Amino acid sequence: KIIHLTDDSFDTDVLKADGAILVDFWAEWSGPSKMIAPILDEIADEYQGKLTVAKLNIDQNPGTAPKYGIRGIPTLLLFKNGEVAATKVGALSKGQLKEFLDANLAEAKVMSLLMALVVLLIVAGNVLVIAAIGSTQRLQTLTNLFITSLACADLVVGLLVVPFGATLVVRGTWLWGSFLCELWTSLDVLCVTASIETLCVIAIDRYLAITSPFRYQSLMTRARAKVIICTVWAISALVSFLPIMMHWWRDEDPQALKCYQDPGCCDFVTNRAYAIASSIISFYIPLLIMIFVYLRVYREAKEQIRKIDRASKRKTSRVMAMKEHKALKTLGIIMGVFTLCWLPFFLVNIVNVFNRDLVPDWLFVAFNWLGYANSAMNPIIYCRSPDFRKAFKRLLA
Amino acid sequence: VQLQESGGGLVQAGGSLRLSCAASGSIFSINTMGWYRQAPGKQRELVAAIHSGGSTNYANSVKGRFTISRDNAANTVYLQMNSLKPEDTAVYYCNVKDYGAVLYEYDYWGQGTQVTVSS
Ligand SMILES: CCCCCCCCCC(=O)N(CCO)C[C@@H](O)[C@@H](O)[C@@H](O)[C@@H](O)CO
Ligand SMILES: CCCCCCCCCC(=O)N(CCO)C[C@@H](O)[C@@H](O)[C@@H](O)[C@@H](O)CO
Ligand SMILES: CCCCCCCCCC(=O)N(CCO)C[C@@H](O)[C@@H](O)[C@@H](O)[C@@H](O)CO
Ligand SMILES: CCCCCCCCCC(=O)N(CCO)C[C@@H](O)[C@@H](O)[C@@H](O)[C@@H](O)CO
Ligand SMILES: COc1ccc(C[C@@H](C)NC[C@H](O)c2ccc(O)c(NC=O)c2)cc1
Ligand code: NA
């Protein structure tokens with residue numbers, strides 16, 4: 001099933017070849033080229049009809065490999081209709097090579113459908129929450145004011161940020177010109193900052209309401225909640241629009257200047273100061289507040305069990321009941337999902353400031369998509385109340 | 001979770017009663033146990049409430065007269081009601097606000113125990 005190429009036959013066997021053909025450049029002296037040979041025998045049989053495996057011995061046929069810039073061996077070039085679709089320079093296992101071939105044979109279609117469901121979950125989920133709070137008199141509580149702030153931030157992520165994001169990934173270029181690149185980038189940072197800062201404010205709201213319910217009623221008014229909400233949006237604006245629209249975020253580097261001059265380029269390139277300052281204000285200060293606050297809810301509940309056991313006069317030791325285990329799960333989901341979604345992106349974002357070439361561009365963009373996924377998660381996490389569930393069923397006919 | 005109410009009934013004006021509510025069932029460590037009342041032809045209103053943390057909150061009508069406390073170990077809340085007036089006549093309800101959901105509170109209500117103060 002494997003074709004054994006020469007220099008003469010290469011144009012007919014590979015460039016003029018029907019469909020997909022995987023070219024292996026190997027040598028009799030190269031130990032990593034012997035290691036892959038028995039894996040390509042299995043792939044030639046298992047991927048029958050999907051691709052053709054072709055082998056070229058570099059010792060016998062030295063003339064072909066320089067034309068495609070072969071620096072190391074074994075190198076596997078997948079060809080599609082006279083052109084090199086995908087490249088590698090290292091030896092692999094059968095399992096790792098199966099994944100590479102599956103990814104490049106199917107023309108990235110999974111990638112595009114996965115953006116579509118993300119937009120659908122974010123818009124459906126958040127419209128349903130704003131509707132539920134807006135329609136139902138019982139849901140218009142002080143907490144649900146902060147939930148409404150969050151719901152709007154995540155909604156604008158689904159309607160405007162993720163779509164224009166999706167297009168830049170698909171087309172590989174920015175079609176809407178320099179201004180809308182700057183406006184879209186500002187709208188991204190605004191809504192992500194507003195979302196994550198409002199998660200932090202919700203943590204503080206629930207902590208006061210749980211640990212200090214009578215102090216919370218007098219201390220947290222509707223007027224004070226409005227001021228807090230307005231402050232989070234004001235901060236979000238002054239970190240997003242003010243720096244991006246006035247070009248303060250701009251790096252001086254000439255490779256960066258080519259992206260700022262070209263309307264087709266909408267790469268997110270920041271100076272060190274903006275990358276740090278925006279990351280701290282959007283994520284790390286909110287994350288530390290949420291860790292500190294939700295820890296004091298755990299400590300309070302644990303210490304309150306100590307008060308119950310102390311007051312027994314050594315009669316009963318309390319164990320975790322259903323209510324405590326559910327509470328501890330809810331705490332797990334809040335910190336778990338928020339951190340999983342946004343820590344990788346903001347960790348990588350601070351790592352680029354130190355050494356630029358360490359983390360690839362795909363990983364950076366992929367982690368930013370994982371952050372956008374949090375906007376779909378937040379309705380699921382923060383709107384589980386019986387009153388929410390009643391209203392959701394009432395709105396769905 | 002069941003809220004069993006005792007201690008109510010008939011008492012002369014100037015007299016005292018002691019309501020007790022024993023909450024049998026799974027409640028989160030952090031909670032607020034309380035006494036609400038509904039007088040005839042009025043809406044339900046908070047009498048008194050005591051947080052797990054030991055904070056208290058009383059209606060101005062019952063300040064100085066009524067004292068709310070909870071049992072040191074058990075989920076049992078006591079409203080000692082002194083200097084009772086015919087104004088205080090009402091169906092008194094035990095309430096437990098459980099905070100185990102973290103993002104919302106769950107309400108439990110007692111059936112309610114009649115208190116009638118005569119002049
Ligand atoms: C970086 C992420 C930090 C997110 C959290 C931002 C907190 C902003 C807090 C805030 O706005 N105030 C509450 C705490 O100070 C100010 C009020 O204290 C002040 O407006 C008073 O005058 C009120 O009585 C108004 O009616
Ligand atoms: C609760 C506190 C609330 C205030 C939060 C302030 C934290 C951010 C302070 C800050 O601006 N920096 C954090 C430290 O970086 C400095 C950076 O913006 C930047 O100036 C430097 O990193 C270098 O780029 C400069 O050459
Ligand atoms: C209602 C409360 C109003 C407070 C508004 C100020 C927010 C905090 C200060 C601030 O705006 N930043 C941090 C201070 O640097 C973010 C950016 O403005 C700044 O980091 C970048 O413009 C530079 O790093 C560019 O070189
Ligand atoms: C019945 C059991 C119920 C589950 C309770 C387990 C808690 C799981 C959540 C959790 O603790 N983290 C999620 C991590 O994925 C870690 C965070 O608390 C925090 O430590 C991190 O956000 C920072 O360390 C990042 O710098
Ligand atoms: C290289 O090509 C690209 C082009 C565009 C993006 C999306 C970006 C604007 N999303 C921004 C992100 O969602 C976000 C939100 C809030 C923030 O504070 C910061 N700060 C980073 O400096 C970043 C990513 C990579
Ligand atoms: Na540009």
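Just so we're on the same page: letters track the sequence lines, and every chain starts at 1. Because only heavy atoms are used, hydrogens play no part in the values below, and waters and symmetry mates are left out as well, while side chains stay in. Ligands are counted one by one from 1 in listed order, and the atoms in each one are counted from 1 as well. Header entry for method reads X-ray crystallography, 2.7 Å.
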Determine which of sutezolid, tolrestat, praziquantel, formoterol is the drug at ligand 5. formoterol
Tell me which chain touches formoterol most, using the name in UniProt. Beta-1 adrenergic receptor
Please list, by chain letter, the other chains with any heavy atom under 4.0 Å from formoterol. A
Binding-site residues: formoterol, 4.0 Å heavy-atom cut-off: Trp184(A), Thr185(A), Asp188(A), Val189(A), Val192(A), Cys266(A), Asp267(A), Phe268(A), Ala275(A), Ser278(A), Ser282(A), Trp342(A), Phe345(A), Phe346(A), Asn349(A), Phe364(A), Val365(A), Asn368(A), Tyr372(A)
Which UniProt TM segments of chain A, numbered from the N terminus, carry a heavy atom closer than 4.0 Å to formoterol? 3, 5, 6, 7
Which UniProt cyanopindolol-binding positions in chain A have any non-hydrogen atom closer than 4.0 Å to formoterol? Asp188(A), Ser278(A), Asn368(A)
Name the residue and atom at the far end of the covalent bond from formoterol, if one is modeled. none
